[PDB]
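Structure showing raltitrexed engaged by Thymidylate synthase.
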2 protein chains.
Amino acid sequence: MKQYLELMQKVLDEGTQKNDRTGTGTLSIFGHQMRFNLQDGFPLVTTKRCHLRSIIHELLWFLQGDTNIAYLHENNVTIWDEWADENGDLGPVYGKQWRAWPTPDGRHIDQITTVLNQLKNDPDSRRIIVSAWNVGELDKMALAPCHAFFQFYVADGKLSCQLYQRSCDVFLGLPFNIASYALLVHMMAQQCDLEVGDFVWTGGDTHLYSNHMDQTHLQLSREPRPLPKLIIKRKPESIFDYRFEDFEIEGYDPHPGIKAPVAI
Amino acid sequence: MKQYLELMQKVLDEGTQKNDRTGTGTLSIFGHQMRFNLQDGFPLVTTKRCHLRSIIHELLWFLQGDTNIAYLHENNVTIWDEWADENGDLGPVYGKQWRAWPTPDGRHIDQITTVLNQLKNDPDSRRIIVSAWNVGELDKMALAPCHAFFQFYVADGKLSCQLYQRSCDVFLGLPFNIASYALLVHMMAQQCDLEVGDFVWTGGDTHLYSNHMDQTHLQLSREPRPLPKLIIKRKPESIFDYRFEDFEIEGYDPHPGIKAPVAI
Ligand SMILES: Cc1nc(=O)c2cc(CN(C)c3ccc(C(=O)N[C@@H](CCC(=O)O)C(=O)O)s3)ccc2[nH]1
Ligand SMILES: Cc1nc(=O)c2cc(CN(C)c3ccc(C(=O)N[C@@H](CCC(=O)O)C(=O)O)s3)ccc2[nH]1
Ligand SMILES: *c1cc(=O)[nH]c(=O)n1[C@H]1C[C@H](O)[C@@H](COP(=O)(O)O)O1
Ligand SMILES: *c1cc(=O)[nH]c(=O)n1[C@H]1C[C@H](O)[C@@H](COP(=O)(O)O)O1
């Protein structure tokens with residue numbers, strides 16, 4: 001989509017070569033922001049084919065508060081397999097922090113129903129935030145939160161969200177991370193009787209792995225297609241009540257898929 | 001500064017009227033990014049005289065892990081007075097989270113020592129982060145962290161920093177918060193023998209209070225002037241050892257100060 005392909009060109013035009021944790025090497029920029037108006041269409045990348053099925057299941061998993069991959073395995077999603085231990089555990093990553101952030105005096109905060117209650121009862125709050133960056137449990141996590149912190153905002157009956165992604169693999173994770181949060185914004189807005197506004201993506205270390213260069217130029221030679229449309233077929237009683245079958249993407253005609261190795 | 005006045009105008013042309021928690025009223029936008037190259041000069045606003053003494057003592061108060069305004073008073077800095085209790089405490093705000101984030105099991109993480117050790121031993125890390133947004137202690141704080149989360153980055157021997165500020169009073173808090181983190185970048189870079197890079201500012205709810213319209217219009221009438229340069233006179237033996245006397249600003253020629261009421 002125009003924003004995404006301009007980001008790729010930007011990393012190529014001004015990225016600095018950097019060595020990294022996995023030993024693969026990246027081309028990197030620091031600091032970027034893009035905005036997607038969710039009323040223009042659902043932001044699912046069309047210059048390569050993305051698997052919506054994996055995106056939806058991972059988001060339903062996060063919302064259930066789950067951090068073990070068995071659910072994802074029951075649904076034929078293997079995107080988190082490489083970081084899971086022998087028991088299928090990833091440690092207190094996203095789902096646990098969203099649904100049960102532990103306090104130092106023995107409580108657990110459910111940040112997702114806190115946010116829902118804020119949007120319903122106090123939508124002009126400047127504190128409507130969900131953080132996955134829990135400094136005291138970072139060491140128990142298989143991988144530190146890439147999409148770390150996000151904030152909601154309501155203006156003129158529309159819900160907007162801004163995500164700070166501290167680390168971003170542009171080719172592989174970012175198509176998935178944009179679609180996932182746009183989906184979350186449609187579900188929140190449906191629960192609060194709000195319209196969808198903007199998804200704003202802000203990035204920290206935004207990079208392209210050295211072994212993704214050919215597939216990046218191949219993708220960069222393609223014209224974006226019209227954006228698909230998201231249809232939710234049901235309003236569940238709670239945001240924790242949605243299921244895969246409630247969503248319908250319409251009009252998605254992508255270019256061929258492009259395979260790329262994930263750096264572990 | 002060009003970017004600062006540009007944001008100021010953008011909030012006026014684009015802002016939506018919001019009833020906020022103080023019953024004052026704001027015009028706000030959501031999602032904004034600004035980039036300051038620290039090689040070009042220290043970003044202290046010149047279209048109004050800013051008081052650097054207050055900026056320095058607050059940042060030094062933060063690095064000492066102190067949340068009691070007694071120290072600020074010892075140095076006659078009055079900025080946090082309206083939020084402290086009968087004993088001068090603000091609760092576990094900025095300073096406490098930066099130097100002793102409480103783990104669920106009773107320990108504390110010093111995020112500043114962690115960051116110094118990462119910049120020295122692993123500068124390619126994509127995890128060099130300080131979070132003041134401690135979900136389990138927010139209810140104890142007099143005001144929730146405005147400048148909430150920040151990340152360091154190193155490329156080509158230069159140290160960059162991005163701040164995510166979830167709530168921003170453009171006229172009062174922002175000149176102050178920008179100078180504050182530019183200063184911290186200069187001190188970290190000196191301790192880690194790096195050159196300064198970019199200070200990237202990203203805002204969430206970015207606003208102008210209804211009772212600052214006149215002084216915002218006054219400020220928008222003034223030509224920005226060349227940026228000052230910062231000199232750190234002494235190299236302390238740790239980042240916890242700077243003192244007010246070690247910093248000099250040079251070439252700071254501002255337009256006259258502009259007085260404006262704070263919303264409490
Ligand atoms: C280096 C690295 N980059 C990543 O983007 C990344 C992503 C996740 C998890 N995640 C959020 C994923 C999103 C997309 C993925 C992926 O493997 N995509 C394949 C297709 C998988 C499928 O069939 O659905 C692809 O798009 O080619 S994995 C975990 C660690 C990571 N590590
Ligand atoms: C509504 C609100 N807006 C703020 O910007 C704000 C800022 C702080 C703390 N802070 C970050 C402060 C920075 C600057 C301030 C101020 O009143 N400045 C005056 C005079 C003080 C001085 O610097 O000598 C000025 O800049 O002229 S207060 C606390 C609560 C807030 N509340
Ligand atoms: C992490 C997880 C996700 O959902 N999407 C992402 O883009 N990533 C990427 C970022 C980086 O390339 C790697 C995580 O490694 P690190 O912790 O930043 O070193 O996966
Ligand atoms: C908070 C403190 C700071 O250092 N900088 C800021 O700009 N502010 C402002 C933001 C907002 O106007 C107010 C805090 O109120 P709220 O918690 O956002 O409702 O102070």
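Naming: A, B, ... by sequence-line order, numbering from 1 per chain. Just so it is clear, the values below take in all heavy atoms, side chains as well, and ignore hydrogens, waters and symmetry mates. Counting convention: from 1, in listed order, for ligands and their atoms alike.
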By ligand number or chain letter, where is each copy of raltitrexed? ligands 1 and 2
Which other chains does a heavy-atom search at under 4.0 Å around raltitrexed (ligand 2) pick up? B
Out of all atoms in raltitrexed (ligand 2), which are within 4.0 Å of some heavy atom of B/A263? Include the element for each. 1 (C), 2 (C), 32 (N)
Judging by distance only, is a nitrogen or oxygen of B/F176 under 3.5 angstrom from one on raltitrexed (ligand 2)? no
In chain B, which residues that UniProt lists for dUMP binding have any heavy atom less than 4.0 Å from raltitrexed (ligand 2)? B/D169, B/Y209
Given B/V262, B/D81, B/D169, B/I264, identify the one with the heavy atom nearest to atom 17 (O) of raltitrexed (ligand 2). B/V262
Protein contact for atom 7 (C) of raltitrexed (ligand 2) (heavy atom, distance under 4.0 Å): no
What is the closest UniProt-listed active-site residue in chain B to raltitrexed (ligand 2), and what is the minimum heavy-atom separation to the nearest 1 Å? B/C146, 6 Å
When you measure from atom 18 (N) of raltitrexed (ligand 2) to each heavy atom in B/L143, B/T22, B/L172, B/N177, which option holds the nearest one? B/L172
Can you list the atoms of raltitrexed (ligand 2) that are under 4.0 Å from a heavy atom of B/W80? 9 (C), 29 (C)
Which atoms of raltitrexed (ligand 2) sit under 4.0 Å from any heavy atom of B/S54? 22 (C), 23 (O), 24 (O)
Heavy atoms under 4.0 Å from raltitrexed (ligand 2): which residues of other chains qualify? B/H51, B/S54, B/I79, B/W80, B/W83, B/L143, B/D169, B/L172, B/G173, B/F176, B/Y209, B/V262, B/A263
